[PDB]
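This report refers to the structure that appears directly beneath it.
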Amino acid sequence: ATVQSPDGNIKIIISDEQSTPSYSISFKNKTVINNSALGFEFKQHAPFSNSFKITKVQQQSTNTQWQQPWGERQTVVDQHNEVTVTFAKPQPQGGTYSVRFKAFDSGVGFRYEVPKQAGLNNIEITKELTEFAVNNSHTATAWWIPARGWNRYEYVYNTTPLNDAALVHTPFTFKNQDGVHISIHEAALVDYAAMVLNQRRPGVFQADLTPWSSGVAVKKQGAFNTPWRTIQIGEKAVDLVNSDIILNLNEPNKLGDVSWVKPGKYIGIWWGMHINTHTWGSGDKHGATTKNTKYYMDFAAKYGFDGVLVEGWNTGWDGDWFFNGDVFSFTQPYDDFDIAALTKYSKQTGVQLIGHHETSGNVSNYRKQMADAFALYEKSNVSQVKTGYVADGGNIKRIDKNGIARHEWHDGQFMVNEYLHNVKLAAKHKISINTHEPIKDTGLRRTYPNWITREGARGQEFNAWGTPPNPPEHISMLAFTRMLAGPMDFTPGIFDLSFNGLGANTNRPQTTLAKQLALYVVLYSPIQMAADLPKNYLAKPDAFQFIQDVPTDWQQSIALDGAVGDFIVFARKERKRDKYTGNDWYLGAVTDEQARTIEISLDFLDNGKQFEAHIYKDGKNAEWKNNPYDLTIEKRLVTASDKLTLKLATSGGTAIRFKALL
Ligand SMILES: C[C@H]1O[C@H](O[C@H]2[C@H](O)[C@@H](O)[C@@H](O[C@H]3[C@H](O)[C@@H](O)[C@@H](O)O[C@@H]3CO)O[C@@H]2CO)[C@H](O)[C@@H](O)[C@@H]1N[C@H]1C=C(CO)[C@@H](O)[C@H](O)[C@H]1O
Ligand SMILES: [Ca+2]
Ligand SMILES: [Cl-]
Ligand SMILES: [Cl-]
Ligand SMILES: [Mg+2]
């Protein structure tokens, strides 16, 4: 059986001649994915492996478009060809299952659909046999983070030969020697275990499902489907970025009117704890006080921020909070945090309190208080909540039905369901969720638009204490790996880079100032933090103007140019909403450890319109180690027929507002 992308360049052949059912993929008539197995092993049920034959193929196709409530673009086009391939094995130990393939011009998605059948009752998947056999893996290059490690998704990316990527998280991005870029991920991860990729024979990446503590991967009753497995394929690195395949593979919005989900910018009592000017726990340096929160709300009201995150407001942080998962209260504030007073102040100032639920990994203590916690927040005019699950890999703590503690993975079926329960319950309170230490993004924001963002990668916080901090190449790695999954709460915008000293050997963002501004356009998120202490913004008001101006919701986005681990350039057009007319374009560019010159056409600008470019760029002598603050801000009239030369300093960047005139 064969299905092809609409343009014909991606061709998938589904076969039953190998020991198992299998598939392979060519791009422009060169094989990029060799014969790759399909099937399942179960704890008790007989396997779905060899001796299955194709009995039926059903072809259909889609050419439609839909509108996002918020996002990186307003209109999403869905054009694909589809085939459902049915496999059957005769008894004894027979069975049937289908695999549905969707072929887009930018990649392919497939999932298993196992129908109701005799003897398929309570089953436990112990292995998914799905492979991704990369052709010519010995000359391919990969950029990846390890899976099943103690620090979850929070690793810097490795640059290695593909054959050295032994056990990896997704999105898993690599290029072959032809320069074709490929990224493997999944979409609509619901009631199932996350897929890790386990390289078996060289180049053969086998699905490795993150298990329950008991050892099985997925518990199902009767007929079931898997999430989608996704393979993005493009001639250029930016072709991976500019695809909507992850969103297109998710179910449509199930929450109805979601106008109560508000993209915007926020600040927080937050960074001070990370740089040790404040504590989460009580005492003379406690961050979360009524006085401090009101001071931040005043700043937010004056400078155009929608909300103030406050961490450490609830009892349970005293001592070593990493170990306090059992004792956190999610309803009882510290005595110096007056939530009724701050509720009144929120209405006075128009600035909202952003809630915070850190679990330190104990999800049962959170679950038992969750309904009361969200009721308190709804009563308190809180519309967004940041959640947290700080614990080492495999050390989520739950209490089972018999009162016995079990350790689970953040990305097993148990936690996959636990996260979605939190999001769905929050939606009943008109609360949106920003998940730290999350499950990776698989596009579920389409189905549940209050799941607005997540961390799930090393963000700005590792630049306060990472030892080492994020390297100069980190952003240009994220853009082609983590950011392919969906929005990230990176908390950009650190203006004081000197709190630990300058140079290359201290814990600090290893970037220039202009690169911090560029992050607001390079790293998409519907909520963007201005992460620094307010006084540090007041010290640099001209630079701060870009953060005040920049939107977080876009009617269109285009990655114009880039290379994994080297650089990326984004142009985005603001969505018409709130103060934003919908006429301005924005650009952000960042580089890695190397200074880079990038030539950019401005032909993304609307034809026949005049713009005033407000350009924030590295100064002539800027360099991140000892001269990160040199900055030039320039105004220049431009139209779509003009061009720009970006001159990025070492770990530098450029941010531009293209202000539409009249
Ligand atoms: C807050 C942060 O905690 C976790 O990271 C911490 C490590 O678990 C600690 O072992 C500790 O080790 C670092 C050392 O400073 C240094 O010796 C280095 O060599 O190794 C470690 C760096 O990996 O320090 C870390 C921070 O204290 C956890 O992994 C991380 O994701 C947590 N971030 C969330 C927690 C809070 C509180 O709710 C929020 O403020 C953040 O925004 C969250 O993302
Ligand atoms: Ca974190
Ligand atoms: Cl994580
Ligand atoms: Cl960084
Ligand atoms: Mg590089």
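Going by the PDB entry, the residues shown for chain A are 20-681, listed in order. Just so it is clear, the values below take in all heavy atoms, side chains as well, and ignore hydrogens, waters and symmetry mates. All ligand and atom numbering here is 1-based and tracks the order in the structure.
- By its PDB name, the drug at ligand 1 is acarbose.
- Per the PDB entry, the macromolecule in most contact with acarbose is Alpha-glucosidase.
- Evaluated by nearest non-hydrogen atom to atom 25 (C) of acarbose, the leading choice among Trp484, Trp336, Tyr174 is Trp484.
- At a heavy-atom distance under 4.0 Å, no atom of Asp411 approaches acarbose.
- Only the side chain of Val409 comes within 4.0 Å of acarbose, counting heavy atoms alone; its backbone N, CA, C and O stay farther away.
- The PDB lists the organism for chain A as Pseudoalteromonas sp. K8.
- Scanning out to just under 4.0 Å from acarbose turns up other ligands and ions: ligand 2 (calcium ion).
- Counting the atoms of acarbose from 1 in the order shown, those under 4.0 Å from a heavy atom of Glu330 are 36 (C), 37 (C), 38 (O), 39 (C), 40 (O).
- Counting only non-hydrogen atoms, the option in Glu377, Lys405, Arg477, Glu173 that gets closest to atom 30 (C) of acarbose is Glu173.
- Across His455, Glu474, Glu456, heavy-atom proximity to atom 34 (C) of acarbose is greatest for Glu456.
- Residue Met292 does not touch acarbose, judged by heavy-atom distances below 4.0 Å.
- The binding-site residues for acarbose (non-hydrogen atoms, 4.0 Å) are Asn170, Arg171, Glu173, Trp289, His293, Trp299, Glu330, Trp336, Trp340, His375, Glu377, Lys405, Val409, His455, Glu456, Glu474, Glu480, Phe481, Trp484, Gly485, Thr486.
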